[PDB]
Participant: 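Sharing a structure, written as structure tokens. Questions coming.
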Amino acid sequence: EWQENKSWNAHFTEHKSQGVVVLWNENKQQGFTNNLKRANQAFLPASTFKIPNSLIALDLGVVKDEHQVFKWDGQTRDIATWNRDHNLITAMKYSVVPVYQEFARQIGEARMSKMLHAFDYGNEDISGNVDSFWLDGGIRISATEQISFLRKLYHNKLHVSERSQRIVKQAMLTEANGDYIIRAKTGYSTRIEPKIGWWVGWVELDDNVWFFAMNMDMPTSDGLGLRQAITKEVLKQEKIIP
Amino acid sequence: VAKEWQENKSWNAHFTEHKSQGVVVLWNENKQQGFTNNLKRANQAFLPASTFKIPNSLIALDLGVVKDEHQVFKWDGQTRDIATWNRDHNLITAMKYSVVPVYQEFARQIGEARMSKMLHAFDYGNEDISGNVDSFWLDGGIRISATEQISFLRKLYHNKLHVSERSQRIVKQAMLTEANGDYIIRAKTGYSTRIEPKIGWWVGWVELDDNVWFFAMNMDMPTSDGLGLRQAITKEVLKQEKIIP
Ligand SMILES: *C(=O)[C@@H]([C@@H]1NC(C(=O)O)=C(S[C@H]2CN[C@@H](C(=O)N(C)C)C2)[C@@H]1C)[C@@H](C)O
Ligand SMILES: *C(=O)[C@@H]([C@@H]1NC(C(=O)O)=C(S[C@H]2CN[C@@H](C(=O)N(C)C)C2)[C@@H]1C)[C@@H](C)O
Ligand SMILES: [Ca+2]
Ligand SMILES: [Ca+2]
Ligand SMILES: [Ca+2]
Ligand SMILES: [Cl-]
Ligand SMILES: [Cl-]
Ligand SMILES: [Cl-]
Ligand SMILES: [Cl-]
Ligand SMILES: [Cl-]
């Protein structure tokens, strides 16, 4: 059950942009989107892959808890917030790729593939380097498939411990106030065309949950704030947030 | 309190500017250092009122009275003054709207013996639950000070309480109050009205990237028109110490 609400295209038009927003009303089990075809087009997950990567790392004990310190590897990189020690909370918040590349090496090719199949995550293909396949390898996932994966995480239904799922959902916390809670992860995929930006997660209300997954063309980094802004425009229009 | 508490008396200016009287207690986790405007009141024990929802939720989860934070507790049909209470709730919304009737049923199901044993295990306040099993934190014998709230919250933060790690994680999720790009606040307000002196509480912590600041405040609350000062005075103090922008 998926309704094409093409009136949302205006929110992309207004901003000089092309993309898709997908919403899922958990209570009514109804889905909405501006573009059914792009909603099912698969892209590299890029930094949104930190969600399954964190889950696998916790379930295998590569990460013991959300306070364990991961030492900076001593390589100065362009994003300054990466050149410091991190735990799981701050590595997610600052999208610290080197920490997650190390997770993937310690998970290893065999267990990564097995768990992604267990997760039904995208096309379950990890072809490429073990520490970069979600950046420039074979894995692809659509907006609707992100939703399906996130729904399982929300319900503690993934095939990892309940504890690992609770810790990752804590690490995904982005915004909270008296009206809603957002747990989400951004992404920006540049190594292979098309360059796109991601925002995936959900909005917790008192009596319902709205899952969302959006991607949009992102020729330059100047447009990155449109990921959250366009999603919220749709969320507001649909009365989900004030 | 291994390190001696530090008294910052300039914080009283934030009480007197509102013609109010109270205490703010802060604990810098990295430095293991406590601060307060009034050491005597910091150690004065009061009824916890709604802040007791934190230990109550922990015990109910550990004993299986609450299966998880999605289990629905049906409205019992009685219409009460606070409109948000007249509806079904789960643990998240019962904490958010401080739905007393839900927590009175938690306490009844826990029962006197297990409730006493658990609060002695937590070393919660004066550990005294004399009174009605479903009202002793409103009008019975239990008392806790602001510094004792800090000690209890610090154990909860570190998962050191004598309940399952899972119960502690769930309650910390339910305490979520505020989150933005700078900080996260997990906290619980309280308003004690059945027994004098009427007082307001705000207890919790601020999570930063690299540190956690625990806080506990209470203040005299002769009328409900001062209730916003629980959060506002605490945030003034947090800002003066450059903890939040
Ligand atoms: C993840 O796709 C990439 C990583 N994450 C990311 C983003 O999701 O936008 C960036 S942008 C950079 C500027 N602020 C930081 C951030 O976490 N946000 C914008 C939310 C990081 C960066 C390219 C990774 C594959 O490089
Ligand atoms: C718990 O102390 C009482 C409950 N909690 C509470 C409060 O701490 O504020 C109130 S005040 C009432 C008006 N606004 C709502 C609120 O909870 N907040 C502003 C946070 C509810 C209420 C008296 C319980 C013992 O009655
Ligand atoms: Ca599959
Ligand atoms: Ca003030
Ligand atoms: Ca003094
Ligand atoms: Cl990544
Ligand atoms: Cl399912
Ligand atoms: Cl568990
Ligand atoms: Cl949380
Ligand atoms: Cl209560």
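Each chain is given a letter, A onward, matching its sequence line's place in the list. In order, the residues displayed for chain A correspond to 24-265 in the PDB entry numbering, which applies throughout. Residue numbering for chain B follows the PDB entry, covering 21-265 in order. Every heavy atom of this structure was used, including side-chain atoms; hydrogens, water molecules and symmetry mates were not. Every number for a ligand or one of its atoms is a count from 1 in the order of the listing.
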Participant: Which macromolecule does ligand 1 make the most contacts with, named the way UniProt names it?
Facilitator: Beta-lactamase OXA-48
Participant: What's the name of that drug at ligand 1, by the way?
Facilitator: meropenem (bound form)
Participant: Mind listing the other chains that have a heavy atom within less than 4.0 Å of meropenem (bound form, ligand 1)?
Facilitator: A
Participant: For meropenem (bound form, ligand 1), which residues make up the site at a heavy-atom cut-off of 4.0 Å?
Facilitator: A:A69, A:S70, A:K116, A:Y117, A:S118, A:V120, A:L158, A:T209, A:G210, A:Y211, A:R250
Participant: Should A:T209 be counted as touching meropenem (bound form, ligand 1), given the test is an N or O pair under 3.5 Å?
Facilitator: yes
Participant: Students should be able to answer this: which protein heavy-atom is nearest to atom 24 (C) of meropenem (bound form, ligand 1), and at what distance?
Facilitator: A:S70 OG, 2.9 Å
Participant: Using a heavy-atom cut-off of 4.0 Å, which residues UniProt lists as binding beta-lactam in chain A are that close to meropenem (bound form, ligand 1)?
Facilitator: A:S70, A:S118, A:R250
Participant: I'm curious, which organism is chain A from according to the PDB?
Facilitator: Klebsiella pneumoniae
Participant: Which residue annotated by UniProt as active site in chain A is the nearest to meropenem (bound form, ligand 1), and what is the rounded (1 Å) heavy-atom distance?
Facilitator: A:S70, 1 Å
Participant: Please specify which residue and atom carry a covalent bond to meropenem (bound form, ligand 1).
Facilitator: A:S70 OG
Participant: Looking at meropenem (bound form, ligand 1), does any of its N/O atoms fall within less than 3.5 Å of an N/O of A:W105?
Facilitator: no
Participant: Before signing off on this row, confirm whether A:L158 and meropenem (bound form, ligand 1) have an N or O atom pair separated by under 3.5 Å.
Facilitator: no
Participant: Mind checking whether A:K73 has an N or O less than 3.5 Å away from an N or O of meropenem (bound form, ligand 1)?
Facilitator: no
Participant: Looking only at protein heavy atoms, identify the closest one to atom 7 (C) of meropenem (bound form, ligand 1) and say how far it is in Å.
Facilitator: A:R250 NH1, 3.3 Å
